[PDB]
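Structure containing colchicine.
Sequence lines set the chain letters: A, B, ... in the order given, protein chains first and strands last, and positions in each chain run from 1. Counting convention: from 1, in listed order, for ligands and their atoms alike. As a textbook-style caveat: the illustration shows part of the entry, and contacts are counted within that part alone. Hydrogens, waters and symmetry mates are skipped; everything else that's a heavy atom, side chains included, is used.
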Amino acid sequence: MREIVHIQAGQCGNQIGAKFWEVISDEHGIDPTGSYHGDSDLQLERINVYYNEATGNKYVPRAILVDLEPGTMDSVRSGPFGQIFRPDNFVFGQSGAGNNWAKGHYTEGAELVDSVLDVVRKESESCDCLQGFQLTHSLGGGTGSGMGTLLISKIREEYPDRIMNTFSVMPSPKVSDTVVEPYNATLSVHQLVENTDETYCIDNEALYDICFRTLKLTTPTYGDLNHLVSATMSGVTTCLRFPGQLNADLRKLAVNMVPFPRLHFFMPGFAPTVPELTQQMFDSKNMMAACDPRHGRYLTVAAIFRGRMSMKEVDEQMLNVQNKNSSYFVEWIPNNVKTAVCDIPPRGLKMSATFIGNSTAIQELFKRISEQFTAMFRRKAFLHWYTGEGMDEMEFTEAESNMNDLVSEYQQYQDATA
Amino acid sequence: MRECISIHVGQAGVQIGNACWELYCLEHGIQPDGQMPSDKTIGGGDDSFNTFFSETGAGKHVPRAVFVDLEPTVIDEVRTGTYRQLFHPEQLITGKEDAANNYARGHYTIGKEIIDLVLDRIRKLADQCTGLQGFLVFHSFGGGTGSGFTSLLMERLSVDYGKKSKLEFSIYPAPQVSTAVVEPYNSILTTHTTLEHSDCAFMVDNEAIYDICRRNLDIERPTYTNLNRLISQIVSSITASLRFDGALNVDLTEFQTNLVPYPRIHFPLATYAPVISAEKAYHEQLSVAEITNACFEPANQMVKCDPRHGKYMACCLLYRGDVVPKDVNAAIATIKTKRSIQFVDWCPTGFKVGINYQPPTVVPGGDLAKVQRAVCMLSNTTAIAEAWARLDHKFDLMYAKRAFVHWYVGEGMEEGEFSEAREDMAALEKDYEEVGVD
Amino acid sequence: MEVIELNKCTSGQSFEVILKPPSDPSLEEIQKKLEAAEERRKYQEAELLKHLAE
Amino acid sequence: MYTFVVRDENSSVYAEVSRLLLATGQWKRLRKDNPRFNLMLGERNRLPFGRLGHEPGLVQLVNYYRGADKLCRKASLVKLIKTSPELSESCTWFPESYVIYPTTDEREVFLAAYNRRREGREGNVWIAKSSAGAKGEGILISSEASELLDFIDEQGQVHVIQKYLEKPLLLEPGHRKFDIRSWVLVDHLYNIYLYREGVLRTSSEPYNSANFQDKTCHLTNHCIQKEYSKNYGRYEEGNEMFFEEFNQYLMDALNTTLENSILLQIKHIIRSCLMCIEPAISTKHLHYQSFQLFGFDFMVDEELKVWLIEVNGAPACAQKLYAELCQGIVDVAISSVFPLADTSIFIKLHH
Ligand SMILES: COc1cc(OC)c(Cl)c(-n2c(-c3ccccc3)cc(=O)c(C)c2-c2ccc(F)cc2)c1
Ligand SMILES: Nc1nc2c(ncn2[C@@H]2O[C@H](COP(=O)(O)OP(=O)(O)OP(=O)(O)O)[C@@H](O)[C@H]2O)c(=O)[nH]1
Ligand SMILES: Nc1ncnc2c1ncn2[C@@H]1O[C@H](COP(=O)(O)OP(=O)(O)CP(=O)(O)O)[C@@H](O)[C@H]1O
Ligand SMILES: COc1cc2c(c(OC)c1OC)-c1ccc(OC)c(=O)cc1[C@@H](NC(C)=O)CC2
Ligand SMILES: Nc1nc2c(ncn2[C@@H]2O[C@H](COP(=O)(O)OP(=O)(O)O)[C@@H](O)[C@H]2O)c(=O)[nH]1
Ligand SMILES: [Ca+2]
Ligand SMILES: [Ca+2]
Ligand SMILES: [Ca+2]
Ligand SMILES: [Ca+2]
Ligand SMILES: [Mg+2]
Ligand SMILES: [Mg+2]
C-alpha cells in the first residue's frame, strides 16, 4: 500500500509515459479496457502501487496527463492503451508553450497548474499511504520543462514529506531541434536540483545510437526510442511493483543512492549468458545518458536482474566487475554496488538487466548546458521572449550560477580520497 | 515461575522471531493451534515452559511475545502464517510506512509516534506475569526500525521496568546478505544508544551464518529462511535453560553474572556445532570431543574472529542430547593442551557446562539434519571486538565525507550524535584492547 | 581440575570445570531529546515553506 | 588479474616484489585504503588483521602472521622460550636470558646467577639489550651486574639481560667476530622454507676480550660497522661473507662443512621456534590466509655450537640476494594462492 502518483507533462512526457503504461500493463497483464487477464498472482500482489482498484475489478492507473497543447492528449487517448486512463485526469490547455520556459512556468502553465493539483489531490487522498510522485517530461521544451518544474514546486508545498522522482529527457550534445533549449534546460535543472529526490537523465542521441548502431533499425523513430525508455522505466520500478527478496520503496532507494542531496542525477542503462549481461550493462554503449562513465567515478550503483537465472552466477559476475574495474568506484562508500533480482522477465525476453548509476561523470552534461547557456546569455540572444513573459535577467544569472555550483560539487567528489 | 517476554523489532527480528517460536512449539509439542496435548496443567501452571508461554482456559498456549514493525508487510505474513492462530492479534503491531533504513526515522520521527502504543501492549503482557524477569529483544543493527526504534524501546524499558533485565539478539550487517550502504551508520548509532540498557547481547553476523549455510548445508544461495532456521537453533539452545528444568542459566540475571564481569563488555561470542546437511546420506554420528573441539574453530562462530588473539573472561558450554559429564570433562582436558585459550589473569580458567537430555529438534523439511548431540558454546572473548573495528572503519570512511548524513539530520538528529556515538565505540574498542591484549 | 556445583534433574544436569584458578535517563529527559528533535524538523520545514512562499 | 596493496612504504624487501608483481602483467596495485585487494603488504605496526577475509568474492592474502611478534620481540622471545614446554627454560640453543623492567621482572633471578658464577670464578660477562635499541645503539656489555642494571634504568623500554658469548668462533685472517643471518619463508600452508643463501655479518675489528668499550669488534651489525670501523670491508665486500666462502673456510681450516657443523643446528632451531607457535598463528582454517618472511640471527661459539640471538619479522635482505629471494616469495607465498597463466631455492623443513 505504498502508492505512487504518476504525472507526465509535455509531448515528450506524454509520449514516453504513454508507452510506459503500455509496458507495465503487459507485465501486470492488464488489457486496454483495464481488466486483468494474466496468469500469476504475483502480477497483482503489489498492483495497487501504480493502479487504483475500480468497481468491477477494473484497474485504472494513478496517472495524471498534462500539457498546454491539446494535440498530444488526443494522440494518447487514441493510442494502444488510450482508454485505460481516467477521463478526468486529462488536464490540458489550448495555448501551448512555444518552447518558452517562462510561458510554461509563469503565465500559460500557471493558469492550468491548479487544475492539475486538484487531480493530484483526488488521487493522493485515495491512497492508503502515499509514497511519492514520479514525473516524465523533457527539459528542452516549455511545458514539460517550464510547467513540469512548476508542478514539482507546488507538489512539494502540499506534500513536503513525500518522494519526488523524475525521468527527464536532457538536451543531447549534437542532436537538437530547439534553438532555445539551453535556456529551458538550465532553468529546469536549477529547479530539479532543489525539488527532486531522484532524477533519471535520458539522452535521445544515445537512445538513437542504440536503435541504429546496436538494434539495427535503419529508420529509428520516437516510438522506437520511447520503447527503450519505457523498458528502462519498468526495470527501475521492478522492485516497487513485484515482490521478492527485496522489500524496498522509493525513499529507501533515495536514502541509499544519494550520499549528498543535490547530487541525485542518475545514469540509466539496460541489457541486453549471465556474464555477458553484466558486461553489456556497465558498457558506455548501454548508457541512456550522454556521459562516459569512464570519465568519472560511481558514487553508488543499483542493478536489477529479471528472469529465471542463477543468483550465485549474477553475484559472482557483479562482484567481478567491481573488483576488476575498482578504480571507477568511490572507495569511501563501502559496498556501494547493490543488486536485486526478480523472477518475472519482460515480454519477449528471458533475461534482462537494468542499470542505475550515480556517477560523477554526469557533470559533463551540466558543463555542456552551462557553456551553451553562457554563449547565448552573454549576448542575450533570444532573451526578449523570456523577459516578455515577465522574467528578469537576474533569474537567468542565478540558474547559471547554480548549475555551475552543481558542476563544482561533482568535481569535488570525483577526486576525493580516503 | 518467573516469566520472560520477547520483543521482535523490524523485519529481521520478526522473521527470526517466527523461526524461534516455530521451533519452541516443536520442542514443547505445542501444536500450531496453540493446544499442546502434553500439558496436564490446563489454564495455567508453574512449569518451566510457561516462562515463554501463557495459558488460556481454552487450552491455547499463547507466547509471551510482541512483534513490532513500522510497515505491515512482514507481520502480515505472521497474521496469515501456519501459526496465525498462535498469538492474539493485539501482540502484532504494525505501522504504515517504514523507517527507510534511517536510524533517525525509526528513533525520532516515527519512534515517538508509536512508542506509547508498543509500551502499552508490552505492559498488557507484563500484567499477566507474576514474576517477570526481563526482556529478550530481537532486532537487526542495519534496518531503520531494527536500529532506530529498538534503541528507543530499550531506553523506555529501562524506565518502565528499571529493575528488570534486557537481553539482545542483534543481527550484524554483512554485504553478502542484503545490506544497505548506510547500515554501518545505523549499527553504530543503535549500539551507542543501547549499550547502557543491554545487560547481555548476542551478536549474529550474517556473514558467518551465510558461510555456515553455504559450506556445511550445501546451499548455493542461502535465503532468509535458511539463515533464520539456523539462527533459531542457536537462540533455542541459548534460551533452553529458561524453558526447561535446570540449574544453569535459569534466570535472565544469571546470563551476565556467568558471562559478563564488565558491564560494557557484554557481547558473548556464540559457537555452534554440529551443523549437518539433511541431504547428507547417513552422516556418521559425531562424538562429544569432536563437537566440543568444533566450538573453537572460527568457521563455526556466529562472528568470524580469532579468539586465539584475545582473552577469555567467561565460557559456557550448552549441550543438547546424549552427553555425559565424563565425556565433556575429558574433551575439555584434551583441548586445553592443543588450543590457544588464554584467560584474563583476574578470572579463573573454567567452563560452566549444562546438558539437556532432549536431542535438538529440526523443522520438518528444514535443511538441518537430525543429530543426536549438539553443543553451543558462549564465550566472552575480546576477539569479538574485531567486529566493532570492521564496522567502525566503514563508518569512518563515509562519515569523513559526510555521505548520507543529510538523511539523518533531516529527521531531527544532529551531526553531534554521529561523532558522540563513534567516540563511544572508540572507547569500547579500547576497553576490549586493555582486557584482551598485553 | 575438579568438578564442582553438579546439579541433576530428569531434564538434564549442569556443573563447572575449573582447569586453573586465577592469579540512565528518566522519562522527561528522554522526551526532551525527542522534542528537541521534533523542533529541529519543524524549523527545517518552516524554512522550506518560507522559501516556497517567497 | 589480481590486485594488491602496499602499506609498508619503507620495506626494502617488499618494495622490490611490488615491482616484480607488476612486471608479471597479471597483477595490479591499488592504494592503501582500497579494500578490494587479493594481497596486502601490510604495515609493521598495528596491521588491521580484523578487517581481512571479509570482502565477498575475494580470497585475501597478507604478508604477516598475526601473533608472530611473540617470537620477534626480545622480551617476548625470552618469555616464549621459558614458558613453552617445547623450548623450556633449560633450552640449550638459547643463551641464558632474563627480562628486566626498569623503574613479571627477573632482576633477582639474574642476581642469583651472577653470584653463583662469582663463587666458581666462571665467566660473568653479560649483555643488556632491548627492542627499543635502534641503529646499533642501546646495548652495553659488562661483567659487572651493577653496571648493567644502572644502564637499563636510564633507558625506558623493557630490557633483557643475556649471557654474553665470551667464546665466539673467530674467523681467520682477522681473529674477528660474526653472526649468521638466515631468511625463512612460511607460506599459507605453514611450510617452513629456509633460503639456501645465508650471510655472515662480520666484524672488521679483531675480537678484543680485554675491553668491551670498543663495541665495533663485539657488535657485528652492518649498521654500526660502517659508522665507526676503520678496517671496514678489508676482507669481504661490506663485511658480508657468504656461504660458499664460509663453507670453504670450514673445510680448509677445520676439516668440516657448513651443513654438518652449523646448518644442521640452524634448521633445528628454526623448526622448533616456528612449530612452537604454529597452533597460535596458523591460518589453515581462517577466513584469510597469511605468509611471512623471517630473519633468524645466530651466533657460533668456538666449539661450533649454534646459538640463537634474535628473530626479525620485518628483515632486510642482502643487496646481492634481493633479486633471488624476492622472486621466491612470489613463486612460493603468492603465486601458490593466486596462480598465473600457463629448480627450487628453498630448503623445506619437515613437520
Ligand atoms: C532532438 O532533436 C531532434 C533533431 C532532429 O533532426 C535534426 C530529429 Cl530527426 C529528431 N527526431 C525526430 C524529429 C523531431 C522534430 C522534428 C522532426 C523530426 C523524430 C524522431 O522519431 C527521432 C528518432 C528523432 C531523433 C532523436 C534523436 C537522434 F539522435 C536523432 C533523431 C530530433
Ligand atoms: N538473518 C537475517 N537478517 C535479516 C533478515 N531480514 C533483514 N535482515 C538484515 O537486516 C538488515 C536490513 O534491515 P531490516 O531489519 O530488514 O529493516 P527494518 O528493521 O524492518 O527497518 P526498516 O528500515 O524500517 O525497514 C540487513 O542488513 C539484513 O542483513 C532476516 O530475515 N534474517
Ligand atoms: N649473547 C651474545 N653474545 C655475543 N654477542 C652477542 C650476543 N647477543 C648479541 N650479540 C651481538 O650483538 C649484535 C646485535 O645484537 P641484537 O640482535 O640484540 O641487535 P639487533 O636486534 O638490532 C640485530 P637486527 O637488527 O638484525 O634484529 C649481533 O651482531 C651480535 O654480534
Ligand atoms: C526500487 O527498489 C529499490 C530499493 C533500493 C535499492 C534498489 O536497487 C537495487 C531498488 O531497486 C531499484 C538499493 C540501491 C542502492 C544501494 O547500493 C548502493 C543500497 O545499498 C540499497 C538498495 C536496497 N537494499 C538492498 C539490500 O537491496 C534498498 C534500496
Ligand atoms: N523521447 C522523446 N523525446 C521527445 C519527444 N518529443 C519531444 N522530445 C524531446 O523534447 C524536446 C522538445 O520538447 P517537447 O516535447 O515539445 O516539450 P513540450 O513543449 O513541453 O511539449 C526535443 O528536444 C526532444 O529531445 C518524444 O516523442 N519522445
Ligand atoms: Ca490566458
Ligand atoms: Ca483550488
Ligand atoms: Ca501448563
Ligand atoms: Ca539497565
Ligand atoms: Mg523493514
Ligand atoms: Mg631487532
Got a sec? Need all the ligands or chains for colchicine. ligand 4
Look up in the PDB entry the name of the chain with the most contacts to colchicine. Tubulin beta chain
Okay, with a cut-off of 4.0 Å on heavy atoms, which other chains neighbour colchicine? A, B
For colchicine, which atoms, with element, lie under 4.0 Å from some heavy atom of A:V301? 17 (O), 18 (C)
Report the molecule name recorded for chain B in the deposit. Detyrosinated tubulin alpha-1B chain
Looking only at distance, does B:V181 have an N or O less than 3.5 Å from an N or O of colchicine? yes
Could you list which atoms of colchicine come closer than 4.0 Å to a heavy atom of A:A302? 8 (O), 9 (C), 14 (C)
Show the atoms of colchicine that are less than 4.0 angstrom away from any heavy atom in A:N336. 17 (O), 18 (C)
Where does A:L246 meet colchicine, judged by heavy-atom distances below 4.0 Å: at the side chain, the backbone, both, or neither? side chain
If the cut-off is 4.0 Å to any non-hydrogen atom of A:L240, which atoms of colchicine fall inside it? 1 (C)
Quick one: which colchicine atoms are inside 4.0 Å of a heavy atom on A:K252? 29 (C)
Atom indices of colchicine, in the order listed, that fall short of 4.0 Å to a heavy atom of B:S178: 26 (C)
Under-4.0 Å heavy-atom contact with colchicine, by part of A:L250 that carries it: neither
A:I304, portion touching colchicine at heavy-atom distance under 4.0 Å: side chain
At a 4.0 Å heavy-atom threshold, which residues contact colchicine? A:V236, A:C239, A:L240, A:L246, A:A248, A:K252, A:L253, A:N256, A:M257, A:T300, A:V301, A:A302, A:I304, A:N336, A:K338, A:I356, B:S178, B:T179, B:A180, B:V181
